[PDB]
Amino acid sequence: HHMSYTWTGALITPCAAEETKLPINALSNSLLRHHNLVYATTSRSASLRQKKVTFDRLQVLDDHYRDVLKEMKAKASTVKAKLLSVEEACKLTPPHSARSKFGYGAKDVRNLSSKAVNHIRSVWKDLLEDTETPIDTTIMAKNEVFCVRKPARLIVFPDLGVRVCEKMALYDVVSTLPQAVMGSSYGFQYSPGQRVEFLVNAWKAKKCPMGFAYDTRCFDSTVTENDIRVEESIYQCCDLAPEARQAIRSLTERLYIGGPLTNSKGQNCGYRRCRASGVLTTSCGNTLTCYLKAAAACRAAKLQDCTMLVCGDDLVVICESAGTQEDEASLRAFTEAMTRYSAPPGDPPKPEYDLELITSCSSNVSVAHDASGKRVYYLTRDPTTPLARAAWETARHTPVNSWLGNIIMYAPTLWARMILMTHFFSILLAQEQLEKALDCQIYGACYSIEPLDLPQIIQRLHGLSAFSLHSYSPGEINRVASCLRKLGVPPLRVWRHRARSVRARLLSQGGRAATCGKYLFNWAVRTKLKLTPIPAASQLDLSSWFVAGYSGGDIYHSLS
Ligand SMILES: CNC(=O)c1c(-c2ccc(F)cc2)oc2cc(N(CCO)S(C)(=O)=O)c(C3CC3)cc12
């Protein structure tokens with residue numbers, strides 16, 4: 001047997017009181033009236049998840065797997081990465097990162113306090129000197145908001161001191177290596193606008209395109225000890241500082257391959273023998289491992305002219321069709337291979353012949369036209385979870401604000417423009433907090449963003465057309481309308497009226513507030529201002545953006 005986890009029987013315990021019901025609040029109710037549909041997960045459902053994530057892994061590797069691995073290693077040897085200093089790693093720590101068991105918190109780390117730095121230095125030295133002793137981890141039930149119920153997701157993470165050391169050893173590796181190894185297939189390197197262009201190009205370049213998303217069942221749990229050792233072998237192909245090599249070796253043996261699980265009450269909950277969901281390498285490791293397995297499976301299945309796009313455990317393949325029945329057979333062969341590699345599917349993949357019908361990372365491509373009449377493709381999603389979360393975050397102050405990330409990531413969409421932007425700029429205006437920087441998440445990492453910079457951020461990530469899409473697709477119109485009815489969200493007509501008021505108030509303030517009124521809410525007015533490129537937009541330093549943070553979220557960047 002080769003189980004993802006073993007358990008003692010000790011419970012996964014909360015760190016505080018956990019709310020399950022959406023609070024009834026006047027502001028939140030102006031967004032969403034059917035509050036009974038909205039719930040937050042809690043530790044009370046943790047045992048159901050434990051059952052789901054615990055299973056035997058079977059893995060058999062073949063020539064296709066080893067051939068791709070050899071190629072990946074050759075490419076990794078063209079990478080150089082540096083150690084981060086204590087201070088650099090400290091400043092990548094989000095302010096609400098979990099505090100250390102050893103007498104300090106995230107703010108102490110961020111302020112370079114002597115206690116924090118001294119402990120981090122001691123942990124680093126211990127990684128260099130000890131390559132064997134398993135490192136402790138905490139296991140927690142996540143508290144996440146959904147519309148109706150899902151059991152809580154689990155997160156597994158080491159102490160804050162270790163997390164800072166991970167950054168020192170590996171931040172520059174995870175930031176640099178995947179592009180070199182996977183090329184254009186590395187999904188996190190693209191902005192949303194670049195991602196759509198890549199997909200449309202890839203689709204439209206085929207004579208007869210076929211595409212599918214591949215859903216691996218509980219990916220972290222399918223990741224074997226050998227997978228994690230293979231990942232390390234790829235990291236070690238880089239040109240690294242001697243201390244980096246040692247710390248990576250130590251982290252792999254002591255933390256990444258497995259270790260003990262401790263609850264918030266300090267009790268031994270069990271042992272992990274699979275991917276930790278809350279370590280620095282979770283996203284990069286999953287991406288490399290998913291790519292390796294999938295690339296090998298493509299060859300096993302004899303798929304023709306494959307284009308792969310990989311974001312962690314999320315995979316899309318676009319290829320040349322051989323005919324419907326032939327494609328069905330190839331997908332079965334693909335699934336068989338992934339299964340042999342210990343990446344069995346949740347829902348078996350289905351061949352799709354319409355690009356807009358593929359869903360990956362909860363998203364699909366759709367089409368509109370911009371102010372110039374040009375056809376524009378963009379990424380959208382069902383707005384249910386975004387709106388449910390926005391309602392919760394309106395009722396309750398939350399440390400990380402999903403609504404801001406959703407505005408940024410889904411800026412071109414009908415629902416982000418008409419509902420999210422209107423709702424939150426109305427509240428920020430009323431509360432006089434337009435200037436206040438807020439923490440949000442983009443690609444699972446944490447960003448401090450000033451709402452007043454949104455026009456420039458949107459232009460950089462999506463292009464100028466984000467501010468003028470019209471003629472949304474009937475499917476998209478209907479999905480949005482169905483969502484609003486289900487959740488009890490006011491009609492778009494109401495949002496238009498609210499936005500006109502928000503826009504006028506913003507324009508009156510001048511400065512960036514006025515830019516927000518002009519660009520974000522031009523859709524709301526009959527007499528539309530001519531929107532030209534915002535010159536200051538190119539000033540934003542996005543060099544260090546898009547490093548993936550799933551599922552720990554423990555990377556921080558402030559927009560500069
Ligand atoms: C392998 N899959 C992919 O690369 C992604 C697809 C996708 C690809 C092909 C297809 F046919 C349909 C959809 O949509 C995405 C949306 C996001 N975003 C949000 C995800 O939370 S976003 C809108 O910011 O770009 C991301 C973010 C995580 C990097 C990744 C993807």
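All residue numbers refer to positions in the sequence shown, counting from 1. The basis for the numbers below is simple: all heavy atoms, side chains too, and nothing from hydrogens, waters or symmetry mates. Going by what the header records, the deposited coordinates were determined by X-ray crystallography, 1.8 Å. Ligands are counted one by one from 1 in listed order, and the atoms in each one are counted from 1 as well.
At ligand 1, of the options HCV-796, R1487, GW501516, GC376, the drug present is HCV-796.
Measured by close contacts, the chief partner of HCV-796 (ligand 1) is listed under UniProt as RNA-directed RNA polymerase.
Here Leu309 has heavy atoms under 4.0 Å from HCV-796 (ligand 1) in both its backbone and its side chain. The atoms of HCV-796 (ligand 1) that sit less than 4.0 Å from any heavy atom of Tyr410 are 19 (C), 23 (C). Applying the 4.0 Å criterion to heavy atoms of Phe188 picks out, from HCV-796 (ligand 1), the atoms 28 (C), 29 (C). Nearest protein neighbour of atom 11 (F) of HCV-796 (ligand 1), counting heavy atoms only, is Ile358 CG2, 3.1 Å. The protein atom (non-hydrogen) at minimum distance from atom 6 (C) of HCV-796 (ligand 1) is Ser360 O, 3.4 Å. For the pair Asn364 and HCV-796 (ligand 1), the shortest N or O to N or O distance does not fall below 3.5 Å. Regarding atom 4 (O) of HCV-796 (ligand 1), its nearest protein heavy-atom neighbour is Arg195 NH1, 2.9 Å.
If you number the atoms of HCV-796 (ligand 1) from 1 as listed, the ones under 4.0 Å from a heavy atom of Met409 come out as 19 (C), 23 (C), 24 (O). As recorded in the PDB, the organism behind chain A is Hepatitis C virus. Residue contacts with HCV-796 (ligand 1), taken as heavy atom pairs separated by less than 4.0 Å, involve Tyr550 solely via side-chain atoms from C-beta onward. Heavy-atom separations between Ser362 and HCV-796 (ligand 1) are all 4.0 Å or longer.
Under 4.0 angstrom from HCV-796 (ligand 1), the non-hydrogen atoms of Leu199 all belong to its side chain.
Here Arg381 has no heavy atoms under 4.0 Å from HCV-796 (ligand 1), in either its backbone or its side chain. Atom 22 (S) of HCV-796 (ligand 1) has its closest protein heavy atom at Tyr443 CE2, 4.3 Å.
At a heavy-atom distance under 4.0 Å, no atom of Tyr190 approaches HCV-796 (ligand 1).
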